[PDB]
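So, a structure with amprenavir in it.
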2 protein chains.
Amino acid sequence: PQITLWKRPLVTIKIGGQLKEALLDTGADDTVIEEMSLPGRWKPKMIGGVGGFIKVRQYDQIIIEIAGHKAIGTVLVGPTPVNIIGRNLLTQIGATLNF
Amino acid sequence: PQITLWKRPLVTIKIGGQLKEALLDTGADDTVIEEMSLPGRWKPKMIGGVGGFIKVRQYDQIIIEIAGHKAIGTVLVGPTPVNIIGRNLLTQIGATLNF
Ligand SMILES: CC(C)CN(C[C@@H](O)[C@H](Cc1ccccc1)NC(=O)O[C@H]1CCOC1)S(=O)(=O)c1ccc(N)cc1
Ligand SMILES: [Cl-]
Ligand SMILES: [Cl-]
Ligand SMILES: [Cl-]
Ligand SMILES: [Cl-]
Ligand SMILES: [Cl-]
Ligand SMILES: [Cl-]
Ligand SMILES: [Cl-]
Ligand code: NA
Ligand code: NA
Ligand code: NA
């Protein structure tokens, strides 16, 4: 699709068999989602946003569908205001910015 | 242009006579720039994200040049860690996300 930006670019994602809403975020290096159960081990990560840096859990090689496109990659879990799809998965689904 | 997302989508902007680097950020509702002077009236605002909230000054009807493209709209000014061009001005330059 071609998504304009008059509204927030919210899509449906599927992770762990669950549908969730997430924001496509070109300003996010990383994908971060609200607290949920993911398989496997995690590693610690600090991520920086507008208000400062916070600790999240990093799970690697997680299967995730984004707007119907499949991806397998790193998902961070932590106290984010919204589910965010960042550049690490936007690249896998072939997203670009155009103007 | 078509901008891939392998690295941060940074562009040059001109605002208030000044050249700055800024992030094209589909996850940002509005544009927020590091501390600088702008002409006219302003009012305080809080904006929030990962890590919490910051206080900014809201200036309306400000012209920016974004990668060569002029727009006008609200610009927030405050202690953001990165200059961000948000949706309020991305729409005006016709930016879309494509995949
Ligand atoms: C969190 C989203 C919903 C909103 N933010 C935009 C995001 O793109 C934000 C931009 C940014 C990049 C680098 C450092 C600081 C900020 N990236 C972000 O936090 O990256 C994290 C999440 C995972 O990857 C790392 S905002 O900055 O809080 C914000 C809020 C309101 C307005 N009007 C403008 C901006
Ligand atoms: Cl949800
Ligand atoms: Cl869960
Ligand atoms: Cl969708
Ligand atoms: Cl990844
Ligand atoms: Cl503050
Ligand atoms: Cl505006
Ligand atoms: Cl349009
Ligand atoms: Na868990
Ligand atoms: Na894993
Ligand atoms: Na004004």
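Naming convention: chains lettered A, B, ... in sequence-line order (proteins, then strands); numbering from 1 in each chain. Order of listing sets the numbers, starting from 1, for every ligand and every atom in it.
The location of amprenavir, copies and all, is ligand 1. The main partner of amprenavir (ligand 1) in this structure, judged by heavy-atom pairs under 4.5 Å and named as in the PDB entry, is protease.
Every other chain with a heavy atom under 4.0 Å from amprenavir (ligand 1) is listed here: A, B.
At a heavy-atom cut-off of 4.0 Å, the residues contacting amprenavir (ligand 1) are A/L23, A/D25, A/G27, A/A28, A/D29, A/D30, A/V32, A/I47, A/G48, A/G49, A/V50, A/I84, B/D25, B/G27, B/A28, B/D30, B/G48, B/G49, B/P81, B/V82, B/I84.
The source organism recorded in the entry for chain A is Human immunodeficiency virus 1.
Among all non-hydrogen protein atoms, the one lying nearest atom 7 (C) of amprenavir (ligand 1) is B/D25 OD2, 3.2 Å. Nearest to atom 1 (C) of amprenavir (ligand 1) among the protein's heavy atoms is A/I84 CD1, 3.8 Å. Among protein heavy atoms, atom 21 (C) of amprenavir (ligand 1) sits closest to A/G48 O, 3.5 Å.
If you number the atoms of amprenavir (ligand 1) from 1 as listed, the ones under 4.0 Å from a heavy atom of B/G49 come out as 28 (O). Closest to atom 16 (C) of amprenavir (ligand 1) among all protein heavy atoms lies A/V50 N, 3.7 Å. Taking atom 34 (C) of amprenavir (ligand 1) as the reference point, the nearest protein heavy-atom neighbour is B/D30 O, 3.3 Å. For amprenavir (ligand 1), the atoms lying closer than 4.0 Å to a non-hydrogen atom of B/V82 are 11 (C), 12 (C), 13 (C), 14 (C), 15 (C), 16 (C).
Each of the following atoms of amprenavir (ligand 1) lies closer than 4.0 Å to a heavy atom of A/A28: 8 (O), 20 (O), 23 (C), 24 (O). Nearest protein neighbour of atom 12 (C) of amprenavir (ligand 1), counting heavy atoms only, is A/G27 O, 3.5 Å.
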